[PDB]
Student: 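Got a structure for you, questions after.
In this entry the chain letters A, B, ... are assigned according to the order of the sequence lines. Residues displayed in chain A correspond, in order, to the PDB entry positions 1-85, 96-231, 283-608. The PDB entry numbering applies to chain B: residues 1-81, 97-231, 283-608, in that order. Every heavy atom of this structure was used, including side-chain atoms; hydrogens, water molecules and symmetry mates were not. If you check the header, you will see the structure was determined by X-ray crystallography, 2.3 Å. Order of listing sets the numbers, starting from 1, for every ligand and every atom in it.
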Amino acid sequence: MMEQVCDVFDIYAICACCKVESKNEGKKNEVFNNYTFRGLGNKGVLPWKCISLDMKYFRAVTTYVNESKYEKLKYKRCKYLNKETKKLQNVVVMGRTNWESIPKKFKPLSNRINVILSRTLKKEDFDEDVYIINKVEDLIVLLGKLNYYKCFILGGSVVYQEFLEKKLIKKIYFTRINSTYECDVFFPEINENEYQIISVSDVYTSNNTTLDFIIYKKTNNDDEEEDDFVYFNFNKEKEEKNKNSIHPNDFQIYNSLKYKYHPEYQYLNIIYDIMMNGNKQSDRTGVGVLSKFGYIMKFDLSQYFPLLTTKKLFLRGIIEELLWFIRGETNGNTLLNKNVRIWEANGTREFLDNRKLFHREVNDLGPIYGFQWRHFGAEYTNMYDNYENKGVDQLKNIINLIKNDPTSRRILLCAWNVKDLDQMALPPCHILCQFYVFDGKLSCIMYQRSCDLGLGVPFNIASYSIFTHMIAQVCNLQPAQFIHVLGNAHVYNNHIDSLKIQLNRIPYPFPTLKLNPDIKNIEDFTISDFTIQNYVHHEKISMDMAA
Amino acid sequence: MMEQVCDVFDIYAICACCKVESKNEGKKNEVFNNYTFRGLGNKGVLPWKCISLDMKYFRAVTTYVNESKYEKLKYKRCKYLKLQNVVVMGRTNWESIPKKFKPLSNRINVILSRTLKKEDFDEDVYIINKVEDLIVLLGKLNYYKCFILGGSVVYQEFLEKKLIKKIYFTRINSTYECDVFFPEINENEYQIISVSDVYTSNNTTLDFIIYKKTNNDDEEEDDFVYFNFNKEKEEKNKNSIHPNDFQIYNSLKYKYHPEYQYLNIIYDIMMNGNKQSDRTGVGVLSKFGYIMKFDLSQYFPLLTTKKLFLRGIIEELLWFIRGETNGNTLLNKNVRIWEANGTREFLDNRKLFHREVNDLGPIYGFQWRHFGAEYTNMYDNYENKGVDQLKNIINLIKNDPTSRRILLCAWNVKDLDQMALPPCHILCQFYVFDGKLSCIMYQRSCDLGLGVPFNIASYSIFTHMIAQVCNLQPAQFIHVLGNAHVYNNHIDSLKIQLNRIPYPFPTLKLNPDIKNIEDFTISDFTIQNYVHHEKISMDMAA
Ligand SMILES: NC(=O)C1=CN([C@@H]2O[C@H](COP(=O)(O)OP(=O)(O)OC[C@H]3O[C@@H](n4cnc5c(N)ncnc54)[C@H](OP(=O)(O)O)[C@@H]3O)[C@@H](O)[C@H]2O)C=CC1
Ligand SMILES: NC(=O)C1=CN([C@@H]2O[C@H](COP(=O)(O)OP(=O)(O)OC[C@H]3O[C@@H](n4cnc5c(N)ncnc54)[C@H](OP(=O)(O)O)[C@@H]3O)[C@@H](O)[C@H]2O)C=CC1
Ligand SMILES: O=c1ccn([C@H]2C[C@H](O)[C@@H](COP(=O)(O)O)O2)c(=O)[nH]1
Ligand SMILES: O=c1ccn([C@H]2C[C@H](O)[C@@H](COP(=O)(O)O)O2)c(=O)[nH]1
Ligand SMILES: CCc1nc(N)nc(N)c1-c1ccc(Cl)cc1
Ligand SMILES: CCc1nc(N)nc(N)c1-c1ccc(Cl)cc1
């Protein structure tokens, strides 16, 4: 073989990039890609004030060392140099401009061997314990003479540019700051053919912005308790049911990722599990699906708003549906007048007649969600009736229980009214919501009996995450977790090709949801009280590509 | 000497033991322990006809080899004195193996004996005269691992001479006639390191456990550490629960036994649960949202780390099916599950001043058979009133098996205040695929210590019942927990329970003649081969 310099001396690059203030030349239908995150700095300093989580991450990565692994690292390097043979520390290299941006109390960077690249400055110009080098090659010379774990290139742009340039980077620890700031310096555009993403972290919120961490890798080129594992799997199937009908070769990017910790993967992995292990069934006359039974997803609303990023989604419609529910409405015309067609097909003359609702007016969806939420138990008449003080106002009741009896285990909202089922345009999919309160934080579990993974679920996750935010707010609580329990989870065969494409896309840090803070009652929300900020997503996809 | 013979030459023991019958009692024991499983053979052959899974397991283990790991041992071995494994058995044992299957293929067969014509068999079939002579035969061969296949006499000698590093023990959870037994294993000398998943093979459940002698690439490895840079150092309640008390639990490497889905939740709630003085002043540790799945086709999930009785919960189930709400019916059968919820004082505090004692209101049974009807009293005739959900789900399962609307719901929002108390088991949803029925039950409130164990058994039984009257085979029972909690008063008992190793699960047998959900009677249910640890009082309050 022919050892590569970056491999022998373990040279890595670590950075943090925000989005750049681009000029809206006429289309807000912005096209997003990895290059969306490229802002490095502005006016000699970072573009942002303080994002402490990234600092913590930066410090942890650049200071972490594994002494037990060094003995191996040393041998490799000496062998490479043909020179067969104080806590261990990592080396950090940075441009002069980067060095000058660091506050005096933080330089030199603690527990790290600091190296600075410069031409205009010499060792005499520095009081600190640091190594000065005037050219990339000197670093390689220095590294061959030092005892260190790993080497991290900290920037700036010029420094990144030349290192990536000479392919002296083994991996790029890239922090994606999902917010926009003014920038004058940028990270070099990464050659998609020279570097591939191999891992994505969980998403977090720090100093009013979400962010995640991804890793780019450079293109290709007791043991007795380990056998017990092999024995215990003596009775496993070599393959997966639909493997031959799906072909893993199609999920190259998806399978090539080592660490998939981004929350969106809970959704993506379920899609994958169903495609590979789902049972073939025939739900509605003709149409076919792949199905599984029993899944659970958890989204941390305090850290992000889980709006899928591997495809484009709009929320105006589902928000109006939600306000429609809250108003206790069952009149489909209200949504149609706002150009929301979610329920249009379930309210036609033909659809109603086939549900045996011959005496139901067009678009009168019957005692569905809204009616059940505000009047469960009342006798449904028509969509124009005034059901004031009729039935059980569940909504009002759960809000009251959350405010005065937070530890109660009976805080549930249920739409599955067994008596009214046949009067509904169709039985509800979202059976119930149960709330949980701890230390001023509100969590919600929603049980879905039937789940269309390809089309519905994406919207369903958003609907209830927003609802949890709304309920938390009017009860003076902070949103915590939104827990989605899936009963019959299916993938329509018509969606397969589209989901294959989606599964090979890498998620972007999630966006955030902002609610007008003045709203103190669940019934006072209007469409303009909701704001989805920093939504970065891939190209929209039609689940079924029929034409 | 830091390590001895067994560790040096890697000598393992592999066996399969069934339970033994006694001319004293039938199939019901009083006390159970690891020695419960000790049946090795009967009249020169195995106690049982055929258990193909154990045969498959035995074969897979005795033949498996990892050549890229050999020299690691070879080095250590010599530094003391197609790669295959070595198998040692007694003559009597060798005599039982059939001709066509003898000698054991792909393995180095050795026969410990005293009177064997070493010239009557090929040289590929080694023979030793004494236990301590095997160490000599190993120092000359190229083998990966050495497996002692018995028999009883052989095991005994090897165990006494402490030449056993590990014991791959198959627990056959059924009884047979035996005349030979496995030597009682000294717990002080050996400890269970791993327990597999539970299986059913040839009409018996069994699992595999591993005994261990008490000794008393990197690229993405660092990346793993970086992604955990924000993870909490210690566990929320470490100090209060003290993980050191769970030595056995923590000492187990592989915990694949289904009972661990339950046990792990207990552990997770203890270690990470949120302290909440929820109700009555009584404290609890709570978490939100868990899911357990049990394979009813392979076993009945009746907890074995403690003793559980089922007559009570079966009668409750039949009571639900009859659509009853009369607490007295149960009390007169000494089923007191609902007694506290039906007293004058409890009803009055529920504001049910006009409700008769033990008249629980429109609860489970009423909703199951009459959802929507107007509840009057527990004695009224409700025939043809309200929606009969039970009848409907059964018809849906039979006539429209792929329906995604097969739900049985007890949470009738309109009747909640009229019930002695709102249902904990909100609903059941069914799934039918390839002649198999699965069930999901969503529980809003879960008392991990007392309730959940019974809840699991209760709905597993119900799944079997529905499946049978629909001519389907039961598949999975899926348990979804909402507010999952451990009462503080149960903590010490659960600590004890968490350190007990599960036994292979029992099986449930229903009278096969019952084909209508309403025709079941208490005598139609039987639990078989229930092996369990001694009962535990969750509330140790004397
Ligand atoms: N968010 C993030 O992850 C990062 C943000 N930044 C930001 O970007 C800005 C700095 O980036 P940038 O302007 O490109 O400056 P750099 O930090 O990259 O420094 C460039 C300078 O360093 C020296 N240098 C670089 N290469 C060599 C070489 N081969 N030989 C000798 N000397 C060399 C020279 O200094 P000299 O003049 O002495 O000759 C040169 O002018 C700051 O605003 C900073 O806050 C930077 C890195 C990461
Ligand atoms: N379920 C399971 O996992 C197992 C079941 N079994 C069952 O148990 C029965 C066999 O056990 P068992 O009756 O004890 O007979 P064994 O298989 O243990 O063989 C005993 C005989 O082997 C030779 N032998 C054993 N130890 C020594 C020694 N130290 N030195 C010299 N020779 C030795 C002697 O034969 P010789 O007469 O030539 O002197 C001795 O009489 C069978 O019915 C079999 O099916 C056995 C093992 C495992
Ligand atoms: O909010 C919703 C509403 C519907 N569906 C899907 C699930 C099923 O694919 C179909 C409804 O069919 P039934 O389960 O009612 O048969 O719509 C969702 O995923 N989310
Ligand atoms: O079948 C049952 C019935 C009750 N409980 C428990 C859960 C709660 O600890 C208590 C009911 O109290 P509330 O959740 O209603 O407050 O009983 C179970 O675990 N299983
Ligand atoms: C804490 C910011 C930060 N986060 C990440 N992920 N990478 C980096 N390279 C830096 C960084 C930028 C400039 C200097 Cl001068 C030092 C470090
Ligand atoms: C397949 C039975 C089996 N299963 C297990 N788990 N262990 C064993 N030691 C044997 C066994 C019994 C008698 C002979 Cl002669 C050979 C092997």
Student: Which drug name is given for ligand 5 in the PDB records?
Tutor: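 Its PDB name is pyrimethamine.
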Student: Looking at contacts alone, what is the main macromolecule next to pyrimethamine (ligand 5), by its name in the PDB entry?
Tutor: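 By contact count, the main one is Bifunctional dihydrofolate reductase-thymidylate synthase.
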Student: Any idea which other chains come under 4.0 Å from pyrimethamine (ligand 5), counting heavy atoms?
Tutor: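 Heavy-atom contacts come from A.
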Student: Does an N or O anywhere in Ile112(A) fall below 3.5 Å from an N or O of pyrimethamine (ligand 5)?
Tutor: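 No, there is no polar N/O contact under 3.5 Å.
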Student: Minimum distance, heavy atoms only, to atom 11 (C) of pyrimethamine (ligand 5): which one of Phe58(A), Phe116(A), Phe184(A), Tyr57(A) is it?
Tutor: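 Of the listed residues, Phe58(A) has the closest heavy atom.
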Student: Would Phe197(A) count as a contact of pyrimethamine (ligand 5) if the rule is a heavy atom under 4.0 Å away?
Tutor: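 No; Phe197(A) lies far enough from pyrimethamine (ligand 5) that no heavy-atom distance drops under 4.0 Å.
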Student: With a 4.0 Å cut-off on heavy atoms, is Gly165(A) in contact with pyrimethamine (ligand 5)?
Tutor: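 Contact absent.
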Student: Where does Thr185(A) meet pyrimethamine (ligand 5), judged by heavy-atom distances below 4.0 Å: at the side chain, the backbone, both, or neither?
Tutor: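 Near pyrimethamine (ligand 5), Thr185(A) shows its side chain, while the N, CA, C and O stay back.
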Student: May I ask which of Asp54(A), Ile182(A), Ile163(A) has a heavy atom nearer to atom 6 (N) of pyrimethamine (ligand 5) than the others do?
Tutor: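 Ranked by closest heavy atom to atom 6 (N) of pyrimethamine (ligand 5), first place is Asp54(A).
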Student: Report the source organism for chain A from the entry.
Tutor: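 Going by the entry: Plasmodium falciparum.
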Student: Which atoms of pyrimethamine (ligand 5) sit under 4.0 Å from any heavy atom of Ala16(A)?
Tutor: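 Close to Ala16(A): 4 (N), 5 (C), 6 (N), 7 (N).
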Student: Is it the side chain (CB and beyond), the backbone, both or neither of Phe162(A) that lies under 4.0 Å from pyrimethamine (ligand 5), heavy atoms counted?
Tutor: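 Contact part for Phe162(A) vs pyrimethamine (ligand 5): neither.
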Student: What residues contact pyrimethamine (ligand 5) if the heavy-atom distance limit is 4.0 Å?
Tutor: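 The heavy-atom binding site is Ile14(A), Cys15(A), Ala16(A), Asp54(A), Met55(A), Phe58(A), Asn108(A), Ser111(A), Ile112(A), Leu164(A), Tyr170(A), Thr185(A).
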